[PDB]
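Structure showing fosmidomycin engaged by 1-deoxy-D-xylulose 5-phosphate reductoisomerase.
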There are 2 protein chains.
Amino acid sequence: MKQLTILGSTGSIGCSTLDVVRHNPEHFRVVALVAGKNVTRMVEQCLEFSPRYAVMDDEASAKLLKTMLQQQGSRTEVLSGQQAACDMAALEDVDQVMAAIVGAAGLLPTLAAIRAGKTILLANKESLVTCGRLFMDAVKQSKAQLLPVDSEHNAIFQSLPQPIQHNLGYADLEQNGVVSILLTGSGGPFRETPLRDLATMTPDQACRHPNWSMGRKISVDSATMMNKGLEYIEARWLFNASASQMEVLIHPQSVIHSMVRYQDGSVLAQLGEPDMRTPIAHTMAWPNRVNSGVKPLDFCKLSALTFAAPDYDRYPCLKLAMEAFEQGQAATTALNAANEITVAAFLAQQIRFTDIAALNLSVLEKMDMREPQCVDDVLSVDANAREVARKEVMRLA
Amino acid sequence: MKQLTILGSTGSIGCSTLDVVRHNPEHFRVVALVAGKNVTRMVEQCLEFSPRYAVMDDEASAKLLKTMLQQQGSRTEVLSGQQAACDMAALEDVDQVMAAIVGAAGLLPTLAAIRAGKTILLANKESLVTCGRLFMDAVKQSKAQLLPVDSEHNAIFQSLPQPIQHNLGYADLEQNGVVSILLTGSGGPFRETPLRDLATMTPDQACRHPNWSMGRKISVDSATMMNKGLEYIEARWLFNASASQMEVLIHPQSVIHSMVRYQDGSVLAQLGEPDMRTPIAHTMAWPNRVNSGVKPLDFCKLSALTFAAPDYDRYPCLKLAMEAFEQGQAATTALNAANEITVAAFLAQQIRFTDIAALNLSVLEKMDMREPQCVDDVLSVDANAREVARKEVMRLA
Ligand SMILES: O=CN(O)CCCP(=O)(O)O
Ligand SMILES: O=CN(O)CCCP(=O)(O)O
Ligand SMILES: [Mn+2]
Ligand SMILES: [Mn+2]
């Protein structure tokens, strides 16, 4: 009977984790729900699971949730602010923490759940893209169990050997028989578009396109593969890998979520439906399993499976993210940062598609950075990179 | 520093296991070599690895091997017959036993390795296709460690959870989160041949055809899928699965060696080159890994991957085998028996290709069998099945 705390219990991955707790009530219990402003879905969930706690980002919002919970009689106690969240993450009697609150918002609560040595359902990129050095040391220190929920990492983890699974981060790949890790990705919708044509690409040609893909910003990240590359950054930290023990493969159909290469030639892989309840269920049930309400992969009703290597000319955002890792957590925190600006510039139509790569590039250049050292060094490197970025979209007016 | 005994040190899988020991001398050592008649390759091997024992099938052979070893000064001691082999399999100081001696020749030494409770690199179909009830009960009794080397079971084993790997045969699938096991297979060379055309198939059309396939008799078992079907029989026994927890899938390219379905939708799979040194190295190094000298799978230089369900009208030898499992070890020992006859009749041109399916069927019918009870009951059911078969090829003269 595991007990959890969800950080971002109102977003996509939050509800999926709640749909997972719902169909498996015999093993899971909510002790705390943490959200941002959706007081609306939060009451519903507090009403359904009845966490001992509910936390919202501001008092304005809590004083209202506190109110609708009042209406229903929900004994659920309401708190507010960031501290409240970190306190739910470090909660004494809590077993796992679905670190699904994204952005910089989540760096501290994910960290507080880490510091407390808890099984961590790591459901946010930024935690390792910006605070990777810190976060992994915080794990060594307290022996917190990282369990990645991201489709790719979930698959790479499931495909790894056991003694590397219990020591996530300090488990040496190569000594335990791993030749390399196979990070796979669709390759974006402009994978076969002639190179001189990526410049004339519109936002409508890249935005939530089929077979495991549906999100405004990440479509441009799937399209530029700034997404894969950023998962290269987390992979490297998460699994303790060196650029030689890494591989990025274009797998258009996204059936194979990602693989792991071994010494004797065996390649271990994971596949299933794109549904996030699969990796949310795996991580929660581990080292056992539970149902999630997801479809058994019909290998018949399926597309043919192909692969390819990325063309670093067609996907510059990936070579950037690879070199960015080689420069330090300041270069990747600022690369993640400037990228959100630029992608955004592209979606509003301020710069060409091919300008996201070139500009994220520039900010990374025009900025002599120095490795961070806490959840604040990282915040700052982000606000300086955003600024070199917001200011860069500008010269193109 | 593991020490082994190889049963059938001269055949294909033997040499591959000898090539695995060669490139990893730091972890493996031969204590005994067991062959059949090839005194010729046996000397060379005895000369190279210097096992404390070499065993041949007859004194005639051994008095000659004993002689050429004399020539070179090989201290290796030479023995003969079956007892010798069983003794090499039960050897006190031996850790693993590559049970690669195939046929009925190997049921007892494989058994002797089992009884003595040793890590068993299982490399012969018959062991479970005929003596499945007995072999698994002998495993329970002495807690021997089966480690399948067959491309498919190796893939299905690698893909299972840990607590099912260490208790091979008794670890319940479903209770450990396994939904079913995906037994995959090319589909044979007549997978797309119109149905009324299988009857006019010749032996040159089905014999050692590319992409993980090279053998006179199994090519016909690939073509009829009597091979897949027979692997459905070992699987059921090996992994402790019910016909519901089993799935047979056609995968033409044979990249994916086989998979394992889980409750949360996750499908774990193994892929790699068709080389046998991969599963031979995995089983030998287990729970660790060693190199084997095989090629890192180039996902680039690869065909598109497709899947399909077998058409039980196209592959009758598969339904036969599935229904055969449901009748007892007498129906499967006799099905494996009659199949070697018929296939063989087909290879010699005594019956049509489509006749293998119908005759194996018949023998199974025309023969009210009764479940075996030792390595003798199985031999017998084999001899009476061959006869109902040799005699059946006959009515078509
Ligand atoms: O968790 C899901 N993804 O990472 C999918 C994003 C699309 P991509 O694999 O082409 O980057
Ligand atoms: O170990 C190897 N095999 O099983 C391959 C035999 C050919 P098939 O997969 O089509 O039965
Ligand atoms: Mn992902
Ligand atoms: Mn096989």
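Just so it is clear: chains get the letters A, B, ... in the order the sequence lines come, proteins before strands, and each one is counted from 1. Whatever order the structure lists them in is the order used to number ligands and atoms, beginning at 1. Header entry for method reads X-ray crystallography, 2.5 Å.
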Fosmidomycin - positions in model
ligands 1 and 2
Which other chains have a heavy atom within 4.0 Å (strictly less) of fosmidomycin (ligand 1)?
A
Help me out: which residues of chain A, per UniProt 1-deoxy-D-xylulose 5-phosphate-binding annotation, have heavy atoms under 4.0 Å from fosmidomycin (ligand 1)?
A:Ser151, A:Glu152, A:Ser186, A:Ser222, A:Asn227, A:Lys228, A:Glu231
Which protein heavy atom lies closest to atom 9 (O) of fosmidomycin (ligand 1), and at what distance to 0.1 Å?
A:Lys228 NZ, 3.0 Å
Mode of A:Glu152 contact toward fosmidomycin (ligand 1) - side chain, backbone, both, neither (heavy atoms, under 4.0 Å):
side chain
Going by distances under 4.0 Å, which other ligands and ions neighbour fosmidomycin (ligand 1)?
ligand 3 (manganese (II) ion)
Heavy-atom nearest neighbour in the protein, as seen from atom 10 (O) of fosmidomycin (ligand 1), with distance rounded to 0.1 Å
A:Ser186 OG, 2.5 Å
Give the residue and atom name of whichever protein heavy atom lies nearest to atom 11 (O) of fosmidomycin (ligand 1), and the separation in Å to one decimal.
A:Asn227 ND2, 2.5 Å
Heavy atom of A:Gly187, distance to fosmidomycin (ligand 1) below 4.0 Å:
yes
If the cut-off is 4.0 Å to any non-hydrogen atom of A:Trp212, which atoms of fosmidomycin (ligand 1) fall inside it?
1 (O), 2 (C)
Quick test: of every protein heavy atom, which one is nearest to atom 1 (O) of fosmidomycin (ligand 1), and how far off is it to 0.1 Å?
A:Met276 CE, 3.2 Å
Flag A:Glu231 as yes when one of its N or O atoms lies below 3.5 Å from any N or O atom of fosmidomycin (ligand 1), and as no otherwise.
yes
Look up the source organism of chain A in the entry and report it.
Escherichia coli
Heavy-atom shell of 4.0 Å around fosmidomycin (ligand 1)
A:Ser151, A:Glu152, A:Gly185, A:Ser186, A:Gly187, A:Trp212, A:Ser222, A:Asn227, A:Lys228, A:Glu231, A:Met276
